[PDB]
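Here's the structure we're looking at; comments come further down.
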4 protein chains.
Amino acid sequence: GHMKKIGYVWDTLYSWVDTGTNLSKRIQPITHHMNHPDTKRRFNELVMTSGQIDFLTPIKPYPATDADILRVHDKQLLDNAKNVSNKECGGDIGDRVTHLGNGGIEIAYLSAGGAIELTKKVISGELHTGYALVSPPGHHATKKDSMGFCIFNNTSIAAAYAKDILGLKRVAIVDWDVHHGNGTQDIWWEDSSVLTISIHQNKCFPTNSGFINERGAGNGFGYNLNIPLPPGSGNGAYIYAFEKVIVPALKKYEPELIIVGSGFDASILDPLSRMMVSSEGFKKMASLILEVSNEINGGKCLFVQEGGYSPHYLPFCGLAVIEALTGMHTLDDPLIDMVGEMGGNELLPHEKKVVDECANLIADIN
Amino acid sequence: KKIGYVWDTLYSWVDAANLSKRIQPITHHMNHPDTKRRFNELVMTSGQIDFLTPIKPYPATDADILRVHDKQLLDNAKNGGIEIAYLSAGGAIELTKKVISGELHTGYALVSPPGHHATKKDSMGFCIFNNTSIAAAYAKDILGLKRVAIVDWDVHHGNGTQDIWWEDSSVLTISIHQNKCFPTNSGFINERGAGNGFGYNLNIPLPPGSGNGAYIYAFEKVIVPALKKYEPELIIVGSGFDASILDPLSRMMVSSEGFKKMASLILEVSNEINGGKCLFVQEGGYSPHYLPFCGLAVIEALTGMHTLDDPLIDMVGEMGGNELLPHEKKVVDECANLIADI
Amino acid sequence: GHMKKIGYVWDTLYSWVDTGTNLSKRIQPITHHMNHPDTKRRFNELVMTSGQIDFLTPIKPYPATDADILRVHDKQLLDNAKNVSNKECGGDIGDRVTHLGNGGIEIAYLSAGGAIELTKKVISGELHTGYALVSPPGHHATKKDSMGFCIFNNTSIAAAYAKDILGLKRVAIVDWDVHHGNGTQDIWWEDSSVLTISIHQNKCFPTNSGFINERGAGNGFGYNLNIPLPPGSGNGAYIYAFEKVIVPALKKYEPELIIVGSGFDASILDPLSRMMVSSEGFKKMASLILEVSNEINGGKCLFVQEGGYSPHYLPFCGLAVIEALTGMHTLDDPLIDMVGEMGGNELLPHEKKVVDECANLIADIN
Amino acid sequence: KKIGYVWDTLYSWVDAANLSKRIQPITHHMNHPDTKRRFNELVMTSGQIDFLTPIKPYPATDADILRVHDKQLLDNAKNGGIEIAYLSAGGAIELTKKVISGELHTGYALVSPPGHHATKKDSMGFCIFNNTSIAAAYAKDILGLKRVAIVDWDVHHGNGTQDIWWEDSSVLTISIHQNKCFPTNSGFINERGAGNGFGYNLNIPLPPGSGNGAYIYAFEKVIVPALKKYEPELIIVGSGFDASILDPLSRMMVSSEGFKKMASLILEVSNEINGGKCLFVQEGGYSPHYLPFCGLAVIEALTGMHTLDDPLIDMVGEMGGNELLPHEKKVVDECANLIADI
Ligand SMILES: O=C(CCCCCCNC(=O)c1cnc(N(c2ccccc2)c2ccccc2Cl)nc1)NO
Ligand SMILES: O=C(CCCCCCNC(=O)c1cnc(N(c2ccccc2)c2ccccc2Cl)nc1)NO
Ligand SMILES: O=C(CCCCCCNC(=O)c1cnc(N(c2ccccc2)c2ccccc2Cl)nc1)NO
Ligand SMILES: O=C(CCCCCCNC(=O)c1cnc(N(c2ccccc2)c2ccccc2Cl)nc1)NO
Ligand SMILES: [K+]
Ligand SMILES: [K+]
Ligand SMILES: [K+]
Ligand SMILES: [K+]
Ligand SMILES: [K+]
Ligand SMILES: [K+]
Ligand SMILES: [K+]
Ligand SMILES: [K+]
Ligand SMILES: [Zn+2]
Ligand SMILES: [Zn+2]
Ligand SMILES: [Zn+2]
Ligand SMILES: [Zn+2]
């Protein structure tokens with residue numbers, strides 16, 4: 001065709017996750033929980049009211065199959081999710097914060113399936129790139145456990161699909177959610193065929209992983225790369241890490257597909273991090289990935305929603321990425337003049353030191 | 001025996017979107033009363049209330065407000081939520097009266113709306129009247145005190161308090177805050193007062209990402225020695241909890257144990273230099289999950305009764321902020337050089 | 001064409017109304033206001049997740065023009081709405097409960113425009129019928145005043161459009177929101193070219209109108225018909241009123257178009273009425289209108305959202321109407337077995353008496 | 001002088017969607033604590049608290065619960081919100097103790113969770129333990145009373161209370177409710193007790209749409225003469241406000257003035273026949289806007305202090321329900337024939 005085609009995966013069901021649920025400890029009940037669907041729903045609704053949807057190609061998600069999940073997760077993980085989802089009131093699963101409503105496994109299948117649908121249509125050439133605004137998120141789900149709001153690891157399920165079904169030999173997952181993608185790291189730990197990169201706040205969540213000396217094992221040694229930035233890092237540190245480490249690592253690896261785990265909890269207003277990224281930072285991060293993807297594999301890249309918890313500001317951070325994909329700047333970030341003066345734009349010595357240490361790991365990528 | 005606690009149901013009755021900019025309306029606004037209400041409710045369900053002396057607030061008068069604010073500010077406020085603003089400032093006065101008189105040793109005034117951004121001329125940043133400056137002016141003008149210290153550990157800069165006492169050495173104003181957080185263009189170390197007040201305003205603008213390590217170091221290296229140097233007859237703490245590791249309106253990493261130690265250091269120096277005449281007045285804070293435990297930790301520092309554990313203690317202890325970083329210590333040491341002019 | 005075409009008008013902006021805002025009276029502030037967008041948004045989202053959207057033809061609304069509004073409202077009403085919408089914080093307008101956010105007049109134009117778009121496509125034959133899930137509502141807006149959450153009178157603006165632009169000579173507006181359509185009654189009070197029918201709880205809102213002896217004036221005498229049912233009426237009274245009064249009145253009048261003002265606040269769970277209609281009642285009401293429309297004007301009818309305040313049950317009441325239009329029963333009402341035993345299904349003597357008095361007014365319709 | 005008021009912060013700390021049925025999750029559930037919390041807060045900001053005697057609740061014991069409930073119910077409840085259920089029943093006991101002893105004349109226990117649907121065997125309808133039946137059993141077994149009356153004007157049928165005292169004439173159980181509202185299959189006039197209890201359960205199932213007219217007529221024609229006939233030594237009122245004109249869980253039209261008159265009629269007959277020994281225990285109610293004014297109206301009936309107007313008085317006065325309709329009066333007159341067997 002002769003149309004610029006940027007895919008957008010959304011489904012009302014992604015906003016229907018049951019995020020509902022100690023007195024002895026005098027922990028008073030919360031009604032509006034941290035992972036409430038409002039935050040990501042406001043992002044979807046801004047895509048629509050900003051007019052960006054007029055430049056996007058809506059892509060209907062279809063459920064991932066059990067076989068799609070079993071490519072990267074244990075049968076026990078899947079059996080546990082089916083069991084909890086079948087309970088009359090649903091329940092928690094994996095850890096103390098991850099919850100399934102009754103029947104909620106359907107949304108988890110559809111979230112993974114949305115990442116697969118975007119992957120299929122990008123690899124086929126039907127779409128140049130796109131954004132999958134899926135819920136629930138994925139990157140903390142390991143081979144063995146759901147956790148951290150993540151039932152199934154959507155980006156890893158997409159990468160395995162691209163490998164097994166679409167013939168790809170090298171995939172890179174670049175995770176810029178502010179928390180460590182420990183699930184993705186675990187799944188591909190011993191596998192050089194998926195380069196796994198996580199940039200995150202050092203020791204944020206999980207508090208015990210994401211360190212720079214977690215580099216893979218066996219055939220996978222050197223094919224996991226963690227960038228654990230200090231609290232308070234903003235656009236300066238993030239853009240420097242993308243230009244000094246992530247882009248050069250991708251060029252060295254030559255992935256046939258780049259899957260971005262796109263969270264916005266590194267934003268300056270997110271409660272679940274101390275990072276200071278603005279919408280302008282996220283726009284640049286997205287643009288750097290699109291550019292290096294065009295350079296090394298003909299633009300085969302796509303973005304899949306992970307975390308983010310600011311209902312005020314996440315919609316504008318997500319829109320900035322969308323506008324980087326469409327080339328259409330239709331709406332201004334209304335916080336930019338206040339957030340820009342708050343700090344984070346300048347690269348600090350301690351931030352630069354971490355990134356430069358991470359840069360030394362690129363030599364072991366082949 | 002006598003720790004005062006100022007609360008009133010009306011403090012929880014406090015009552016910007018733009019469609020052309022596609023800013024979708026928010027139902028639950030940032031300063032919603034739930035967060036401070038959950039603090040009060042934890043004071044009761046924890047049993048801490050059994051060690052506190054409840055203190056009824058009474059409305060501050062127009063003359064109370066006009067000791068520090070211009071008529072134009074008060075007329076703007078009048079031209080019916082002003083009732084709660086009066087009662088908030090009135091609660092700070094009530095606690096101040098009862099500490100100075102000797103009825104109470106110390107106490108906490110969980111008031112709303114907050115105060116430290118209100119300057120002589122303008123209300124701003126959720127603040128109608130400057131509660132702590134109104135209580136200090138009352139202590140000076142009605143109760144006869146010559147020197148008051150206001151120590152503001154809300155994570156934002158106390159620009160209102162700085163402005164009110166800018167040219168006045170009879171109120172030492174100290175603000176520790178995240179550099180450039182709010183307001184974005186104030187709170188720098190070179191803002192030191194003017195005239196007779198030169199040297200009697202002290203800003204500690206810590207970098208984003210600072211935690212217990214930087215905060216405790218700042219208190220032991222700067223704030224406590226500044227207080228010893230100044231010899232205040234009363235210490236009023238502007239106690240916000242928005243430096244907490246979960247607060248959306250800052251990037252700092254203070255834990256409930258950090259706020260406890262911060263309160264302890266103030267009580268300890270007060271006990272040593274002015275008979276323990278100190279009190280704590282609520283400023284900001286926006287984490288419904290975590291602010292109640294930060295506030296309780298300060299209460300427990302006043303009552304000496306540890307009745308409840310912070311459920312996050314193991315979590316945040318592994319997240320960092322507890323080590324003093326070199327960039328943090330350099331800012332603090334710079335500020336410490338300013339004490340020689342007090 | 002050879003496709004069954006049932007239109008569905010929705011726009012994200014309809015869920016963006018600012019429903020935000022006394023201490024002396026010790027009236028404690030409410031955070032989640034009565035007219036919060038959640039209720040009607042849950043109806044839109046159930047249209048999507050129930051699969052009903054697959055049988056619907058999405059119709060994009062376009063803004064009504066000032067001229068469309070000025071066909072039925074005073075210039076002062078429109079000037080007031082523009083003034084309030086322009087204020088930095090918006091403000092109340094008309095009465096003490098009707099609120100505009102900053103820029104909120106755009107949603108009011110788009111709500112009226114959605115009713116116009118459905119009217120155009122039904123009259124043209126592009127659609128057989130359809131449902132416009134617009135917000136804000138319309139039926140309390142008079143010639144002179146916005147009120148009762150209603151900025152502009154959407155169904156009257158649509159009827160006037162159909163008359164002035166599309167050539168129609170007779171239109172009927174049938175209003176089954178549980179409150180009296182006093183705005184619609186006022187606009188067409190002296191006009192026999194729009195038959196205005198309101199069925200509502202007697203004395204609910206406005207408390208001082210909706211009575212059976214309000215029948216129009218002048219050329220309009222006998223061309224306004226109020227059915228003020230007693231509190232506690234349910235399916236029995238409503239279906240009887242539709243079969244004994246509303247359907248015969250429409251047959252006598254022979255409208256070229258039937259516009260339904262479709263509220264669901266007569267439902268058994270709505271806080272703003274004491275009525276007991278179930279989803280099955282609303283399904284029958286819709287079906288009776290579709291049937292009489294097919295009999296007398298070739299199916300030229302359409303439904304436009306008015307009120308409703310139960311987030312639990314309004315989605316299932318609205319879906320029941322949607323399913324009556326599509327012919328596709330894809331989802332069960334999960335309350336039907338409990339609501340059905342609660343009363344309201346039986347026609348009571350006092351309910352029948354009111355309806356029969358209303359039936360005597362049909363003789364004056366020509 | 002002595003009107004008791006039972007409240008505890010924990011009563012406001014009380015902590016169904018199905019995706020295959022496309023029932024979208026609800027965040028703010030029907031029994032959210034805001035509604036009853038707003039009632040408590042209006043008691044304070046209205047100044048009514050200044051005329052009340054605060055009464056601290058204490059936990060009801062297992063033996064308190066087992067006077068009316070089976071072990072299987074209590075074991076199901078145990079197998080940590082049960083703490084609040086204990087404290088709710090305990091608050092009803094505390095008020096009962098203090099009324100019977102003479103320390104207080106009357107009072108209101110604003111407890112949560114509610115109680116009247118809990119039968120001997122099963123918790124249900126938001127009710128864990130039957131608070132009013134636990135207080136009546138305490139009054140009988142511990143305090144020696146021979147006759148108790150429980151008058152339940154929550155809009156739903158008190159099936160739990162009916163079940164507990166079904167075969168017992170020593171507790172006269174009266175429920176006025178919307179016919180077939182909840183549970184949908186109980187509350188009919190032919191449910192009159194069994195055995196020694198035959199004639200000592202009295203249901204008044206009013207039709208949907210009933211308002212002040214039917215409710216006041218029912219109280220003057222049935223409930224008050226039933227109480228005079230029975231001569232209770234204590235009157236316990238199960239006070240719900242879900243018959244209010246704005247409640248989503250009923251179709252009745254009672255206003256705040258209707259609840260005031262209802263409370264007044266009970267206090268008046270109590271003052272005449274058992275020394276005023278009556279008390280009021282919170283049951284249901286779901287209108288955050290209007291329930292606080294309905295509850296305050298009952299408080300004002302106990303204290304005799306009208307400090308605040310109902311902001312809806314003019315609105316609802318024009319909405320009807322105030323006239324007694326023929327279908328309503330026929331139900332009431334039918335129920336009145338049942339008094340001859342008390
Ligand atoms: O974006 C992501 C997200 C990864 C997962 C991050 C985990 C987020 N934690 C929560 O939501 C959370 C965890 N505990 C709690 N309470 C809690 C904490 C400790 C013990 C018991 C409860 C809590 C609950 C109610 C009130 C107050 C509190 Cl303290 N409340 C919320 N990954 O990429
Ligand atoms: O603790 C303290 C606090 C002092 C005060 C700090 C300022 C707090 N700002 C807000 O609450 C605030 C400011 N704008 C906004 N929106 C906003 C931003 C830019 C333009 C227009 C509106 C906003 C509103 C609705 C939805 C989304 C957004 Cl973005 N929303 C919230 N001092 O000690
Ligand atoms: O569907 C429709 C809807 C027609 C319009 C129906 C009007 C609906 N009234 C409200 O929303 C409303 C009206 N007053 C009030 N408070 C109120 C009542 C009287 C005086 C002052 C305020 C109120 C506010 C907060 C807390 C408690 C209360 Cl009492 N609170 C809500 N038409 O078809
Ligand atoms: O005051 C009293 C009260 C006594 C108890 C009366 C019963 C109260 N029912 C509920 O709260 C209730 C019951 N089901 C439901 N959903 C429901 C209905 C049918 C099937 C499954 C769920 C529901 C849940 C979420 C969203 C939408 C819906 Cl429809 N949602 C709420 N007694 O004195
Ligand atoms: K790997
Ligand atoms: K990451
Ligand atoms: K000074
Ligand atoms: K400060
Ligand atoms: K007419
Ligand atoms: K109507
Ligand atoms: K009995
Ligand atoms: K009852
Ligand atoms: Zn994250
Ligand atoms: Zn602050
Ligand atoms: Zn209505
Ligand atoms: Zn009830």
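Lettering follows sequence order; numbering is per chain, from 1. Just so you know, these numbers use all the heavy atoms, side chains as well, and skip hydrogens, waters and symmetry mates. Both counts, for ligands and for their atoms, begin at 1 and track the order of listing. This deposition comes from X-ray crystallography, 1.8 Å.
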(message) Could you tell me which macromolecule makes the most contacts with ligand 4 here? Its name in the PDB entry would be great.
(response) Histone deacetylase domain-containing protein
(request) Indicate which of ribostamycin, pemetrexed, citarinostat, lotrafiban is modeled at ligand 4. (result) citarinostat
(request) Identify the other chains in heavy-atom contact with citarinostat (ligand 4) at a 4.0 Å cut-off. (result) C, D
(message) Could you help me out with the residues around citarinostat (ligand 4)? Anything with a heavy atom closer than 4.0 Å counts.
(response) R42(C), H312(C), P334(C), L335(C), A16(D), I23(D), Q24(D), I26(D), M30(D), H116(D), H117(D), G125(D), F126(D), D154(D), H156(D), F182(D), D242(D), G284(D), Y286(D)
(request) For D154(D), counting its heavy atoms only, list the atoms of citarinostat (ligand 4) lying under 4.0 Å from any of them. (result) 1 (O), 33 (O)
(request) Find other ligands or ions closer than 4.0 Å to citarinostat (ligand 4). (result) ligand 16 (zinc ion)
(message) Would you say atom 9 (N) of citarinostat (ligand 4) makes contact with the protein, given that contact here means a non-hydrogen protein atom less than 4.0 Å away?
(response) no
(request) Please could you name the atoms of citarinostat (ligand 4) that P334(C) approaches to less than 4.0 Å, counting only its heavy atoms? (result) 19 (C)
(message) Any idea what organism the entry names for chain D?
(response) Acinetobacter baumannii
(message) Could you peek at the entry and say which residue and atom carry a covalent link to citarinostat (ligand 4)?
(response) none
(request) Just need the protein heavy atom nearest to atom 1 (O) of citarinostat (ligand 4), so name the residue and atom and give the distance. (result) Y286(D) OH, 2.4 Å
(request) Give the atoms of citarinostat (ligand 4), by number and element, whose distance to some non-hydrogen atom of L335(C) is under 4.0 Å. (result) 18 (C), 19 (C), 29 (Cl)
(message) Below 4.0 angstrom, counting only protein heavy atoms, does anything approach atom 13 (C) of citarinostat (ligand 4)?
(response) no
(request) Using a strict 4.0 Å cut-off to heavy atoms of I26(D), name the atoms of citarinostat (ligand 4) that fall inside it. (result) 26 (C)
